[PDB]
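Numbers restart at 1 for each chain; the letters A, B, ... are given by sequence-line order, proteins then strands. For ligands, and for the atoms within them, numbers begin at 1 and follow the listed sequence.
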Number of protein chains: 2
Amino acid sequence: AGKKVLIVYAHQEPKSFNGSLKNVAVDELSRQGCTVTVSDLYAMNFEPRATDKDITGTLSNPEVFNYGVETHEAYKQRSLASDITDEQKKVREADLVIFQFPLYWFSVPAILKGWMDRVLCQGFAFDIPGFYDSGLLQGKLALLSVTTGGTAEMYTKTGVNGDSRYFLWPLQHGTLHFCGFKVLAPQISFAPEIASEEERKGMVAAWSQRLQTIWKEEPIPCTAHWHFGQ
Amino acid sequence: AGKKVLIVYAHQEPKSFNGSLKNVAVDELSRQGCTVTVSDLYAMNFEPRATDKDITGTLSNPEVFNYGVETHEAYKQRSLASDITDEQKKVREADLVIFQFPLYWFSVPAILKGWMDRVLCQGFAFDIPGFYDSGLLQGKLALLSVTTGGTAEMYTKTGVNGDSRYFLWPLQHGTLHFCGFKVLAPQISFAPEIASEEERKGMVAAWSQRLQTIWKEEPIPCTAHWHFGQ
Ligand SMILES: Cc1cc2nc3c(=O)[nH]c(=O)nc-3n(C[C@H](O)[C@H](O)[C@H](O)COP(=O)(O)OP(=O)(O)OC[C@H]3O[C@@H](n4cnc5c(N)ncnc54)[C@H](O)[C@@H]3O)c2cc1C
Ligand SMILES: Cc1cc2nc3c(=O)[nH]c(=O)nc-3n(C[C@H](O)[C@H](O)[C@H](O)COP(=O)(O)OP(=O)(O)OC[C@H]3O[C@@H](n4cnc5c(N)ncnc54)[C@H](O)[C@@H]3O)c2cc1C
Ligand SMILES: COc1ccc2[nH]cc(CCNC(C)=O)c2c1
Ligand SMILES: COc1ccc2[nH]cc(CCNC(C)=O)c2c1
Ligand SMILES: [Zn+2]
Ligand SMILES: [Zn+2]
């Protein structure tokens, strides 16, 4: 038995609604007997910028810096910065990776975009021919637990923001599926700032309730059809 | 001429293809007599993280930190960190804002995502109400000049990556249109790393050539249909 879960958390305030969702996930998964690790990006002051400091020692081409090539070579030569490799070890061992974050401009907050940019490097998360279905992190599950400022109605086909699946494409398909992750249906907690205490306590309970059978869930068919089709 | 242009540039290497696209933009707009400013994010070591350090005055709610609320109030009070206000001044004066960057996970590099998260704050870029066609940056034009690793064929409805327009949604609609920007058609320079010299020079000249008549262009209809069709 036993499963390992990594929660990559991106919120500045422990008392926030995101903080409560993160804490409920830790509590429930821990109660189930799961091995749980949390990467609290803001508390770690995680570096988001992709720079040459991500490679220790000497570059393979110090004349013209190419981040993708340098990190690919550094990964193979075990020469990546320790913050990056500390994260890859957590991801390598994880059976499920949960990303907990507030939607920032239809996407992840920059600190979490930086985690994706620097941690999921070529050789570790993908390569030729390991991508999408054959991505290097195949066999692992991933799930986006997002909170929004806009209401559910706003995120409908005819709402101003359009369908939620529209902004999910770059994250779910372009990133998670690309690295070989089987993607579980997103958990979207719509406009918690607006909601009442009851509705709030209700979205948290739904999440805690869903986590009870998380290992029984089937991955979504990560296709353009799923995100855009009828 | 008679126009102000801000180029927000996100690439670590001056000698890169992105660097050349940024340089030809400066050269061509400068030749036209336009006023040009470049925010070279990596050279500026631009801070991507949205933290409480972005507000220098008394917080409105020091018990529970809410970045959106605190930055909205700090904007009105003029207590935002100076790096944010320096960027807001550049955007305020610009008639056209060009974003020059390599696609990272179907989106902008984290350093540029941080610029969007921190610079486009409530009160400055939008207000509630006061977004989309009523956004605060209405009247201004925006354009994404993106480079990719994947080829144009990969970026089609039947390609592995799906149509390129799918990944532009969060950026063009969720961010730029949301703030009131008119969005000009994206400049996408496909897979310059695997292209031949003839092809690269060609992509650079195509961009330079396009800039010659940029002021005569009409914005795209930034809608779900334009992005997803059907
Ligand atoms: C830079 C930036 C860009 C943004 N862009 C977007 C965007 O693209 N689209 C969009 O829709 N939104 C956007 N937003 C809004 C953002 O997504 C929401 O503000 C965020 O998701 C709200 O989540 P939170 O955890 O911060 O809420 P909080 O304010 O922390 O919490 C909401 C309420 O829940 C209470 N609460 C906390 N825990 C519990 C609990 N266990 N039970 C009951 N109540 C609890 C809190 O105390 C509070 O009153 C953006 C915000 C910023 C700052
Ligand atoms: C973290 C990360 C995530 C990524 N995710 C994605 C993704 O989601 N999807 C995707 O498609 N790609 C992705 N990529 C790939 C990335 O988008 C490309 O590597 C990038 O767009 C290439 O641009 P460049 O400026 O770095 O090219 P360069 O490495 O500079 O290559 C272009 C070539 O052109 C030459 N050149 C420069 N200027 C000129 C000139 N004036 N005339 C002629 N030739 C010139 C250069 O010397 C070089 O050999 C990712 C890369 C990283 C590092
Ligand atoms: C090096 O870093 C990355 C990271 C994530 C990525 N997604 C897609 C690409 C490029 C794909 N290129 C080709 C020619 O197949 C990519 C590169
Ligand atoms: C969709 O774009 C954004 C961008 C920055 C934002 N800050 C706060 C909010 C939530 C307020 N209501 C809306 C319009 O969702 C927000 C939304
Ligand atoms: Zn997919
Ligand atoms: Zn739009």
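Found at ligand 4 is the drug melatonin.
Here, the main chain in contact with melatonin (ligand 4) is recorded in UniProt as Ribosyldihydronicotinamide dehydrogenase [quinone]. In contact with melatonin (ligand 4) at heavy-atom distances under 4.0 Å, by letter: A, B. Neighbouring residues of melatonin (ligand 4) under 4.0 Å (non-hydrogen atoms) are A/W105, A/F106, A/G149, A/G150, B/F126, B/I128, B/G174, B/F178. Among all protein heavy atoms, the one lying closest to atom 15 (O) of melatonin (ligand 4) is A/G150 N, 3.4 Å. Distance from atom 4 (C) of melatonin (ligand 4) to its nearest protein heavy atom, with residue and atom name: A/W105 CZ3, 3.2 Å.
The PDB records the biological source of chain B as Homo sapiens.
In terms of protein heavy-atom proximity, atom 5 (C) of melatonin (ligand 4) is nearest to B/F126 CZ, 3.3 Å. Within the 4.0 angstrom cut-off, atom 9 (C) of melatonin (ligand 4) has no protein heavy-atom neighbours. Taking UniProt's list of Zn(2+)-binding residues in chain B, a heavy atom lies under 4.0 Å from melatonin (ligand 4) for no entry. Of the residues that UniProt lists as binding substrate in chain B, those with a heavy atom under 4.0 Å from melatonin (ligand 4) are the following: B/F126, B/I128. The single protein non-hydrogen atom nearest to atom 12 (N) of melatonin (ligand 4) is B/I128 CD1, 3.6 Å, given as residue, atom name and distance.
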For melatonin (ligand 4), run through the N/O pairs with the protein that fall under 3.5 Å and put one pair on each line.
from                 : atom 1 : to     : atom 2 : distance (Å)
melatonin (ligand 4) : 15 (O) : A/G150 : N      : 3.4

